[PDB]
*Asks:* 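Working on a deposited model featuring calcitriol. Questions ahead.
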Amino acid sequence: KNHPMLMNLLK
Amino acid sequence: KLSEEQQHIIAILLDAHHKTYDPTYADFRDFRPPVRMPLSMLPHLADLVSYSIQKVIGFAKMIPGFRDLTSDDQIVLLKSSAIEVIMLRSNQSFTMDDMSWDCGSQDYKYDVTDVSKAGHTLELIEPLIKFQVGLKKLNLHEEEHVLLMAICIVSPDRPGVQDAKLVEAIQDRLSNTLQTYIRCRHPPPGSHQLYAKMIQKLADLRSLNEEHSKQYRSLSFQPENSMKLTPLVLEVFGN
Ligand SMILES: C=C1/C(=C\C=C2/CCC[C@]3(C)[C@@H]([C@H](C)CCCC(C)(C)O)CC[C@@H]23)C[C@@H](O)C[C@@H]1O
């Protein structure tokens, strides 16, 4: 897991 | 007729698309430059794809209902659909004149040979070109195009989805909007079995997705190729 960039872009 | 809710949904998706797809392709200058003298088109095309992931996410965020999903499910959905929506949205630049993606200038005009200069083979490229033609042939209205992208993103059957009932309900509202739009606003003969032909494209995209993922895995196992990718591409597609 761990999608820090994807999670940032999502909000 | 189109209900007011269905008219709203279309309005939002049009705007969301206009806000994430720049038809002058102005930002392409910021990419590592294309080289057609190896994998010489990999830097340019990785940057193009990376930029496009960010835009697809921006579009996704504005899909009615998308924000009622958990952040986990938002992630699963974007991760599995990103390549597919990039393929779909790229139809806008695709041209049947020379089977190429024409982004406003010879530098930013991509053909079969440029894609293979990014480490992909005909096993992916030929069905991708075929996909682009069949899709262009549908002559979709902008309203249908943006609706198709949103339905592709909100698919309940993607591996890892937790609240599949909710994903299906969000999608149903989009599917129903699309079907009603076709019947009320798309005049025959163009409208002939148009919905089922759009849904079939979603099937085709699953195959393209699987093949892209296979070659991506092979391309990126090599650390010298991986070095040429972006951090976002590595996070979204893998490794
Ligand atoms: C992107 C967009 C455009 C073209 C897409 C293309 C043409 C070049 C090759 C691409 C990028 C395919 C490649 C198989 C993907 C390779 C990616 C990687 C090297 C990381 O495995 C998928 C869609 C194709 C231009 C414009 O329509 C914006 C859109 O957004």
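By convention here, the chains are lettered A, B, ... following the listed order of sequence lines. Chain A is numbered as in the PDB entry; shown residues: 625-635, in order. For chain B, we keep the numbers from the PDB entry: what you see runs 123-159, 219-420, in order. Recorded method is X-ray crystallography, 2.2 Å. Counting convention: from 1, in listed order, for ligands and their atoms alike.
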*Asks:* Of all chains near calcitriol (ligand 1), which one has the greatest contact count, and what is it called in the PDB entry?
*Replies:*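 The largest contact partner is Vitamin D3 receptor.
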*Asks:* Going by heavy atoms only, which other chains approach calcitriol (ligand 1) to less than 4.0 Å?
*Replies:*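 Chains with a heavy atom under 4.0 Å: B.
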*Asks:* Suppose I only count heavy atoms of B:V296 and a 4.0 Å limit; which atoms of calcitriol (ligand 1) are within that range?
*Replies:*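 Taking each heavy atom of B:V296 in turn, calcitriol (ligand 1) has 9 (C) under 4.0 Å.
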*Asks:* Return yes when B:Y232 approaches calcitriol (ligand 1) closer than 4.0 angstrom through a heavy atom, no otherwise.
*Replies:*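 No, B:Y232 has no heavy atom closer than 4.0 Å to calcitriol (ligand 1).
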*Asks:* Is at least one protein non-hydrogen atom found at under 4.0 angstrom from atom 4 (C) of calcitriol (ligand 1)?
*Replies:*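 Yes, because at least one protein heavy atom sits under 4.0 Å from atom 4 (C) of calcitriol (ligand 1).
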*Asks:* Which residues that UniProt lists as binding calcitriol in chain B have a heavy atom under 4.0 Å from calcitriol (ligand 1)?
*Replies:*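 UniProt binders with a heavy atom in range: B:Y143, B:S233, B:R270, B:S274, B:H301, B:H393.
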*Asks:* Please report whether calcitriol (ligand 1) has a polar contact with B:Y147, defined as an N or O pair separated by less than 3.5 Å (distance criterion only).
*Replies:*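 No: no nitrogen or oxygen of B:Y147 is under 3.5 Å from one in calcitriol (ligand 1).
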*Asks:* Can you tell which part of B:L223 has a heavy atom less than 4.0 Å from calcitriol (ligand 1): side chain, backbone, both or neither?
*Replies:*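 Answer for B:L223: side chain.
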*Asks:* Please work out whether any backbone atom (N, CA, C, O) or any side-chain heavy atom from C-beta onward of B:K236 is under 4.0 Å from calcitriol (ligand 1), and answer side chain, backbone, both or neither.
*Replies:*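 Contact part for B:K236 vs calcitriol (ligand 1): neither.
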*Asks:* Hey, is B:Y143 touching calcitriol (ligand 1) through its side chain, its backbone, both or neither, going by heavy atoms under 4.0 Å?
*Replies:*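 Side chain only.
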*Asks:* What part of B:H301, side chain, backbone, both or neither, has a heavy atom within less than 4.0 angstrom of calcitriol (ligand 1)?
*Replies:*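 It is the side chain that touches calcitriol (ligand 1); the backbone stays farther off.
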*Asks:* Quick one: which calcitriol (ligand 1) atoms are inside 4.0 Å of a heavy atom on B:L305?
*Replies:*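 Listed by number with element, the hits are 14 (C).
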*Asks:* Could you see which bit of B:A227 sits under 4.0 Å from calcitriol (ligand 1), with heavy atoms only: side chain, backbone, both or neither?
*Replies:*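 Neither; nothing of B:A227 gets under 4.0 Å from calcitriol (ligand 1).
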*Asks:* Which UniProt-annotated domain of chain B makes up the bulk of the interface with calcitriol (ligand 1)?
*Replies:*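 Mostly the UniProt domain NR LBD.
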*Asks:* Around calcitriol (ligand 1), which residues have heavy atoms within 4.0 Å?
*Replies:*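 Non-hydrogen contacts come from B:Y143, B:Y147, B:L223, B:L229, B:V230, B:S233, B:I267, B:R270, B:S271, B:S274, B:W282, B:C284, B:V296, B:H301, B:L305, B:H393, B:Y397.
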